[PDB]
Amino acid sequence: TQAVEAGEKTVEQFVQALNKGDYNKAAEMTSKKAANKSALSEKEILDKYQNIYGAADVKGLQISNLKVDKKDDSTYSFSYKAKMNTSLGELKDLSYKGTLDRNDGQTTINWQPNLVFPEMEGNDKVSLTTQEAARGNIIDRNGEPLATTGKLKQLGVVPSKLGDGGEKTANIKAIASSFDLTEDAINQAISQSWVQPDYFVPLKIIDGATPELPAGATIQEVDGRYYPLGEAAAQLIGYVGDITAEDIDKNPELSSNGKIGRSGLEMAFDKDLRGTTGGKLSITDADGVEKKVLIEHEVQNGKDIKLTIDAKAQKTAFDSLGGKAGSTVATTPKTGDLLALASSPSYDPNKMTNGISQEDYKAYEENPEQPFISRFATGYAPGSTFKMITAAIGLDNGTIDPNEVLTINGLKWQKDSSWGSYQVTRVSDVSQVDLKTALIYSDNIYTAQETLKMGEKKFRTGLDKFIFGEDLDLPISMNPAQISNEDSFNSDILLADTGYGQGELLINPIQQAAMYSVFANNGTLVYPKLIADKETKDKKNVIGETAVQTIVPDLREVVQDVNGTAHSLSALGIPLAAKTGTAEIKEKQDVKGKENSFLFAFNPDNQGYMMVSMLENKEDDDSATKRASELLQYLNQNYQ
Ligand SMILES: *C(=O)[C@H]([C@@H](C)O)[C@H]1CC(SCCNC=N)=C(C(=O)O)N1
């Protein structure tokens, strides 16, 4: 039985080498070329597998049900079932069979062309025909296009019809000034090594009306992905890029001639958007007549995907950031629909997917404000806005009396001398501060004191009812929000800092809109939702209903009171509840401290919408509040 042991080993070593793509090592386990031995030599077995398995992009060959028996005295017969992955899907239940050879102290495989595919004879060919699937569309809550396939106007030049000598320089300057192009860049395009004097050298895509075409300029229609909102939704949607040979090795079911999502929803929903390649993989005669069809099915185009996004709100939210670093999240807080996910600054996804220069791409990467960051999915310290949560927790466990008045003298405060030179700082020197006053003026010292009075254990008990540590069901890469680095603060200072939204808190804007939704649902947290068809999910009894009825009237005062931190929003004349905030940061970079500005705002009459905006590393006298009027006007009109 020691012979069939070595035969089973030989067959599995042969299958392993085929699975790994080392066709040479597989061929060197075959017998000499003869009639009842190997049908081909080693070098032509190599080329057989390399051409056929390479044409169909075979990957992941694995066998089962291996039986090795005895035929003659030195001839052992094997058989097994097998499956493999190709460019047209998985190929299952393949019945392979053959014979072995025990000559000296080694066993080899009598190779036959039926060990490539079952039922191949001598000189049979393999044919593969494919039809590429059309990529699906991404559309908003009202069916407007966010990412669609269609026809684009491609501009290029033919160096021959452009002219020579001084005739050339005049036309090149005419092209460069008629389409906003660098005169030195048109020459670098026509000077590339691939160019022949008569070829059409593409230059850029024209996304509007095309002016007069000077001599040598041409315009050709071409199919390609198009993003109608451009940079206004680049971080969310993403972009597609040309598929590489290294992508095909990872997943053979891609179209080597098509596009793959590189970031954003295009990448998160690539499998649903790309569809499936249609076609047929068949074995033919030495002539070419069809012997057996191995795989065949029709092309299935990609499904469309409907988002909760509002295209008008998304554009308004992004424009309001004015190219500064920041982000804005808008929801309908009773259902969790994500109306807008803006991040700024941004990149051009149309320029990204239609070929971008090395310099322009580096300008994006070297940009200190980093336009590639999805800021709506990046953990930040929430800032003073978080005082709402601490207050609601304090009202639930009875630590905070809404009418008790703390007496605060000055702008700085510390628990005792053990804090050293550290002090909680506030902006307004109000002496008598109750809860309503602390929310109107945004008083850290009040919140820091009520947090320390509450204590860590009661503070965390309230915080644990939220979504810290949870993974939201969203097709957006993000990390779970955290209260702090460890399970305990181990610091009175860190406890007070966390009270008014500083410390080691990390919560991204989407997770913030989820937590703050309790004030629009009588203490019920409503999870955010991006896919329009999905069902609303929530989480009851996060904070008490009594706390909501207490805090929301005070949040109205943040807008209506003449000294409220959001009083500029009272100009809108719409029912508003708001809370502004500030987070001071930086630690191991520059000496000057950087400041983040926050705004939370929702309609407290109908709970129709909710907004969380931020400015990262704000310039002086800039704030999220002074930029929010236009989006609030829109959301109030169209989402009651
Ligand atoms: C949080 O409540 C902040 C505090 C942590 O800085 C306070 C201060 C601000 S206003 C910005 C003053 N400059 C530097 N701190 C408010 C606010 O309502 O924005 N809350």
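In this chain, numbering begins with 1 at the start of the sequence shown. Below, each value reflects all heavy atoms present in this structure, side chains not excepted, and no hydrogens, waters or symmetry copies. Remember, it's 1-based here, ligands and their atoms both numbered in the order they're listed.
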Binding partner of ligand 1 (most contacts, the PDB entry): penicillin binding protein 5 (PBP5)
PDB drug name, ligand 1: imipenem (open form)
Binding-site residues: imipenem (open form), 4.0 Å heavy-atom cut-off: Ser384, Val427, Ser442, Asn444, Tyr500, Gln502, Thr565, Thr580, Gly581, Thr582, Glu595
Covalent linkage of imipenem (open form): residue, atom: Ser384 OG
Entry-listed organism of chain A: Enterococcus faecium
